[PDB]
Structures are given as C-alpha cells and as structure tokens.
Student: 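Hey, got a structure here with forskolin, can you help?
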Amino acid sequence: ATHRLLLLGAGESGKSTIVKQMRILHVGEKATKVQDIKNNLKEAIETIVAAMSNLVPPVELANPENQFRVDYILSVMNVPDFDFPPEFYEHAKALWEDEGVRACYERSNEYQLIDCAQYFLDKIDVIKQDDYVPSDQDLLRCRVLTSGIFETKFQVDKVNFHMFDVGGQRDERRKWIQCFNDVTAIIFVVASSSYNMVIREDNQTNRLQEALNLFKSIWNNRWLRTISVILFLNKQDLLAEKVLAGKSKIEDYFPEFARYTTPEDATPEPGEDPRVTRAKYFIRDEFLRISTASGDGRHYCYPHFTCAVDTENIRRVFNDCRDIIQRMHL
Amino acid sequence: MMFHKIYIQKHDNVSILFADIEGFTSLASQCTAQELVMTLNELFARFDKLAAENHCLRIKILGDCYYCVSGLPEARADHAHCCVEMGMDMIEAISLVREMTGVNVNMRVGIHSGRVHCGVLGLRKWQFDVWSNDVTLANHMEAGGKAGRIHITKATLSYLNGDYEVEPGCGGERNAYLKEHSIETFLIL
Amino acid sequence: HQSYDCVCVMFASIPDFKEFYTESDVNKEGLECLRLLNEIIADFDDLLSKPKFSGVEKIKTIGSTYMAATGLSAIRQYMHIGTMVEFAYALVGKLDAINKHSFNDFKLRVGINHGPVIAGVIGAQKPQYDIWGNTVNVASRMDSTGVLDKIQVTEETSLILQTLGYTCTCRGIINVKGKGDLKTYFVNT
Ligand SMILES: CNc1ccccc1C(=O)O[C@H]1[C@@H](O)[C@H](n2cnc3c(=O)[nH]c(N)nc32)O[C@@H]1COP(=O)(O)OP(=O)(O)OP(=O)(O)O
Ligand SMILES: Nc1nc2c(ncn2[C@@H]2O[C@H](COP(=O)(O)OP(=O)(O)OP(O)(O)=S)[C@@H](O)[C@H]2O)c(=O)[nH]1
Ligand SMILES: C=C[C@@]1(C)CC(=O)[C@]2(O)[C@@]3(C)[C@@H](O)CCC(C)(C)[C@@H]3[C@H](O)[C@H](OC(C)=O)[C@@]2(C)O1
Ligand SMILES: [Cl-]
Ligand SMILES: [Mg+2]
Ligand SMILES: [Mn+2]
Ligand SMILES: [Mn+2]
C-alpha cells in the first residue's frame, strides 16, 4: 500500500526538516551541503550586526574595537561568490563573542533571523576547518528555502510512503493545489515558538496567527472536506526555552492566553515545567478550536508536540502517524 | 467526490495539426457575413472528410481555425504522416474553394508532435479538446507558419522517418514563442 | 441557420492561467492544472442554471476563455445586454471564490459587445453550435485587449449601459484589426 503524504505549513515552519528526518530514518553528498551551511553562518552574523543600528533603541557594541569587524562583515554582505577567507571566521566569531552583539541576538524576534543562527555561530572553529564534515545534526539545521514541490519516496515495514514537500511562503501556496487530489493525509506543520515573531512577506503579520489562518484555510478547504490533518506543533524546544526565559510573554501577543488554564487530559513530559505545559497546550487548543467548529466527522485532526531537528522525537511521533494511517484504513 | 469527475486522459506519441486562414479580415472586407459562414462551412465540410480519411480526429473549429489531431482515438505509430498528408490534402482543399470565393483565401499549416491530455471541461455544453505544451506549440507553428506550406517541428520530423523533404522554416524569426524556445522549424517541400 | 439583429456576446478569459500551466512529473503533466480549471469552468457553468441568468447561452470554451451570449432566445428591449454584464460579475464573484481555496489570485478579463450575429452550426462530422459575425470578434478583441477586473465595451454598448443605470470610463482608442481604431469604455463598478 502507498500513502501519499502532503506537508503543508507556513514559511520556515519546519517542513523540509521532517523530510530530512525521513531519509535519516527510513532511507559524498554531504560535500555540497557544506557551502550551504557556511552561507547560513554568514547570513546569521551579518543579519544580527545589521539589526543593531536599526533596532529601537539601537544596540551598541560592548567593545568599540569591533566596529572595524562590523564594517568588515557589512562590506562583504552582498558579495556574489564569497571565498570564505580565513579572516572571515575570525571577524565573525569575534563579533559573536561581543556581549553587545549577543544582546542584539536576544532581540532577534524584532527582525528576520534564520533559526540555525546560534547553533552554527557556536561552532565557527568547527565549520571553518577545510576537512570539515557535517554531522547529521548540522544538516538538520541547514536552512535552505524550498520553492516548488518536491516528492520523496520511502518505505516502512514494506509500507510505501510518497511524501510531498512544498514552499510555505505565500507566493508558493499557489502550487499546493496540484496535490490536493488523491492525497492520503495532510501533515500540517507549525512553528510553535514563533508566537513573538512576524512573517517575512510583510514583516507585520504575526507568524503564529499566520499559521492559524492558514490552517483554517486548509481545514475548511472545499477540496479537503474528507482529509484528516496530522497537526505537528513543532519547535517545542524553542517554545519551552522562550517560556522559561520569561522575556517575551505569550499573553502579550495572544491575550487570550491570560484566560487559559491547563487542560485535564493534559499529559506533561517527565519533569516538564507547568508553564511550558500550560503554553504548548494553549497553542494546541487554538488549533483545535479551528478544527472543532467544523468538519462534521467527515475528517479529523491529530495533534502532535514535535521537534523536527530531533530524529528521536520524530521517529517517535511518525510511528504515532503510521498507526492512524493504518488504524483508520486511510 | 472532492473534484468533479475529470473526463481527461493523457496520450503520448501524437501529431497535432493547426490551420488558419491567411488574412481572414481582408477576406471579410469583401463578402457578406453570410457568404463567409458558408465558404467556411463549405471548406470544413470538405475538411472533415479528409480528416476521417487521413486517420485524424477533428477537435474543434474557431472561425477560420481548424485543429485536428492524429494519434487518436486509438494510438497509431503512423500518427505523423497522417497529419502531414492531412496537411497536404488540406492545402489543396482550401485551394479549390478559393475558386468559389473568388478571393485570396489561404491557409497556414502548423504541426508539432508530442503528448496531450484530452477530454472536456466544465459541466455544460461539452466540446472535445486537447491540452498540453506540445498543443500550445502546435498552435504556434500554425501562427509562425508559412502561407500555403506545412510548418512541422523537429519532433514531427523525427516521427516522419524523413520520407518527406523539409527546409529551414526559421519559425523562430516568424514567431516569438518559437524563438524564445529555441525551436528548429522546417517546411515540407 | 438564421441570423439575429441584437445578441449580446461576451468573452471572459483568465490570462494568468497560461502561465499557471506547468507540465511537471509532480502534477501528472499539467493534469492537476486542468483539474483546477475544470473546477473553474464547472463553477461558471453552475451560474447558467439560475433564475436571472436563465437567458444566458454558454457557446463554447476556448483555452481558459469562457464564451457566452444573450439574446439568442428570441426571433426593456436590451435587458439581455445588462444581463450579459451581470453574468460577468457572476463569473468573477465565482472566480474570487476559487482563489480563496486555491491560494491563487486569478483575474478575469471581459469583452462585451452586441449587434447582429449569424447563429447556426458548422462542421460536418459532428456538428457544433456557434454564432458568427463582426459583432463577435469585436467583443472578442474587447477582451484580448481589455484589463483585469474590467469589462471593455464598445461605445454603442456603453451608451445603452448608461441608460440602464451604469457608469463608464473611456479607455480611449484601440486598433481593431480591419475595423481600424475604435473608442472603447470600461464599465466602472
Ligand atoms: C466582419 N467579420 C466577420 C463576419 C461574418 C463571420 C466572421 C467574421 C470574422 O472576421 O470573425 C473573426 C472571429 O469572430 C472568428 N473566430 C475566432 N474564433 C472563433 C470562435 O471560437 N467562434 C466563432 N464563432 N468565431 C471565431 O474568426 C475571425 C478570425 O479572427 P482572428 O482575430 O483570429 O483573425 P485571424 O484568424 O488571425 O485571421 P487574420 O485576418 O490575421 O488573418
Ligand atoms: N530549534 C529548532 N529548530 C528547528 C526545529 N524544526 C526545524 N528547525 C529549524 O528551522 C529552520 C527552517 O526549517 P525548514 O524545514 O527549512 O522550514 P520550512 O517549512 O521547510 O520553510 P520553507 O523552507 O518552505 S520557507 C531550519 O534551520 C531547521 O533546522 C525545531 O523543532 N527546533
Ligand atoms: C489551458 C491551458 C493552456 C496552457 C493549454 C493549451 O494547449 C491551450 O488551451 C490551447 C493552445 C489548446 O488547447 C488548443 C486550443 C487553443 C484555443 C489554441 C488553446 C489556447 O491557446 C489556450 O490558451 C489560453 C487562452 O488559456 C492554451 C495555450 O492554454
Ligand atoms: Cl509557522
Ligand atoms: Mg521548505
Ligand atoms: Mn486567420
Ligand atoms: Mn483565427
């Protein structure tokens, strides 16, 4: 039997990261992906420095010396084919070391900054080696936007899976429709953590709210009245951290969180902070209200608290899915 | 259940022939609106004959444009020569009803070979049609064609076993699409 | 076949579709596109079965373009004219519905014009219904040169519409092949 799974979700929600996990789990090339990793590293640093002067209030370096490195990073910012000379890494790390720069990083929600920033910046010395080999984790972090539709094929216990990946950004959504017929199930991806961020498309639409409205669009779609949705509440790790950091409150972006108390059937993780539990579930329910209101038992919604970059958490919930595919005779 | 049953079906290895009237407006600036519709009907009546002979399938008629396709209903390896011959017979066909018109009526044959997706769209007033890039391209041969000749693509020449004789149509310079798509056109001699 | 003195012809196309058509292995070769079109058309056809559009006659569909006519159901006086217009708005209201569910942004282009037309059938093998005349391509050209979400109508057409309680803006001039330069107007909503 073959089950064609479609991956839908906003931008950077983590769609490509799951398809990656599928090759990790059920399926010399790493050479070409080193470049893309470095490209990430570059964007990460150059973006944070850029934001320093534009944030309000602006952000001052803790070491005036670094200004020159700041001037450096900017000068090579739009360079076409960058050589990634040895100095670059030095100037890069230097800045990262700079406390003021990190202060700016903490306010990265106030500007568009790729996820893998901190991760990669923290291994400049590793990535700079010319004998450098990307770990599976690094590849999981390597962010590269997807434009168009990509189909991946795998097999699990001789059960065939045809997974479809697409672009999450608004301009891409117009290609989705080409996979709405004969689809088996929809795996809707959500970037739980991005409750304090806005999308790139206008830098004004809240990212979480964008996911909601988008989910609503798929749920209540005139051609998905029967299709059940496997809702992945991803980037749990980022969410938890954010919640525990206490810096930016959820009730400030979604005031309805103030009225919220945690559910009964709530099953927390071993030693999971009640605030984290209370939050991730608040988030989940927001998506359930959307599915509950309509559908008429024609199709169903299956939540999942996930972390795509985590091959273990993913091997876990994916099985939770293989079941529902079989168990529901889908 | 989700989408209306689509009465569509793919079809590989076929030949798509388009044909329009060289300067139809000049033609209409002379004869009565009725006489045109009659000359038209007259022609295509003769056309539909040649079609069923040349193993073709008339698809639809849009004023002065006639487009049938060999390779249907049933697949035929001879699908290319059919359209060609069809073009041939069409060439003379139009030439003979030019006698009745007493005016410069002429055609412009364009044929590209490939694959289509045919059926019918919507729910009401069904009309058989064909759909594909090759089908768009065939249409552009008819456009970037040459009056009185047969404008075949390099694909239509490869299913032809070159039993016919071609020559640079240079259609790339006679039509934007053919140029923008690096298309080597020819013309049956 | 007979002729008429006043039929309101309308052409409505979706330019944005030709680009949208993609023949990739993923979408089964533009099939899924044709499937999305089949819906669009099917949707427009559903309008015909209404109470106020009970006088509209879908004639045929060419490419992504919808071709209907009003006033053929006859041997205040030009109500079918404003009706053909009301049908344009219908098509659009229906097109912006699809977009909502296809995460797309399709836009219709309209061309409405009237005048005598020669109705009847052409094609000998399987005959098909179609209307002819200058009245026709003029409305056609009103579309091929119209603007997105705008109905381009000839001046005669304009005049009446106003008497019918419509406002119109003079687009300016247009070179209608064979008919020289004409002065079109846009139906302001
Ligand atoms: C004064 N004109 C006419 C009087 C009686 C019958 C027809 C006409 C007439 O010239 O109609 C045109 C369309 O309505 C009509 N036509 C096109 N498609 C359709 C169609 O789908 N249905 C009907 N009924 N008519 C159509 O055929 C004609 C072709 O228009 P094109 O813009 O395609 O010009 P061309 O084919 O490229 O020739 P040209 O002068 O460069 O060389
Ligand atoms: N911290 C953390 N990062 C994650 C998680 N899931 C994915 N990411 C990171 O998110 C970034 C974007 O992931 P990606 O899979 O490209 O998003 P996408 O939905 O595919 O978005 P697009 O590429 O169509 S615009 C990557 O750097 C990836 O490593 C998670 O659970 N936690
Ligand atoms: C529907 C999609 C697409 C791309 C596919 C195609 O092969 C066409 O339908 C043909 C060429 C093709 O079906 C033969 C008829 C005709 C009338 C010549 C069509 C139009 O030119 C269409 O353009 C329009 C107006 O959509 C076009 C080009 O559109
Ligand atoms: Cl998201
Ligand atoms: Mg992607
Ligand atoms: Mn012509
Ligand atoms: Mn024509």
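Chain naming is simple here: A for the first sequence line, B for the second, and so on down. Numbers in chain A come straight from the PDB entry, and the residues shown are 39-65, 86-388, in order. By the numbers in the PDB entry, the shown part of chain B spans 377-565. Here chain C follows the PDB entry, giving residues 879-953, 964-1077 in order. Just so it is clear, the values below take in all heavy atoms, side chains as well, and ignore hydrogens, waters and symmetry mates. Whatever order the structure lists them in is the order used to number ligands and atoms, beginning at 1. So how was this one determined? The header says X-ray crystallography, 2.8 Å.
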Student: Please list the parts of the model that make up forskolin.
Tutor: ligand 3
Student: If you rank chains by contacts with forskolin (ligand 3), which one has the most, by name in UniProt?
Tutor: Adenylate cyclase type 5
Student: Which chain letters belong to other chains having any non-hydrogen atom below 4.0 Å from forskolin (ligand 3)?
Tutor: B, C
Student: What residues line the site of forskolin (ligand 3) at a non-hydrogen cut-off of 4.0 Å?
Tutor: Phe394(B), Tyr443(B), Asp505(B), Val506(B), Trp507(B), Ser508(B), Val511(B), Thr512(B), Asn515(B), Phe895(C), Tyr899(C), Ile940(C), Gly941(C), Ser942(C)
Student: Please name the UniProt domain of chain B that makes most of the contacts with forskolin (ligand 3).
Tutor: Guanylate cyclase 1
Student: Help me out: what name goes with chain C in this entry?
Tutor: Adenylate cyclase, type II
Student: What do you see: which UniProt Mg(2+)-binding residues in chain B have a non-hydrogen atom under 4.0 Å from forskolin (ligand 3), if any?
Tutor: none
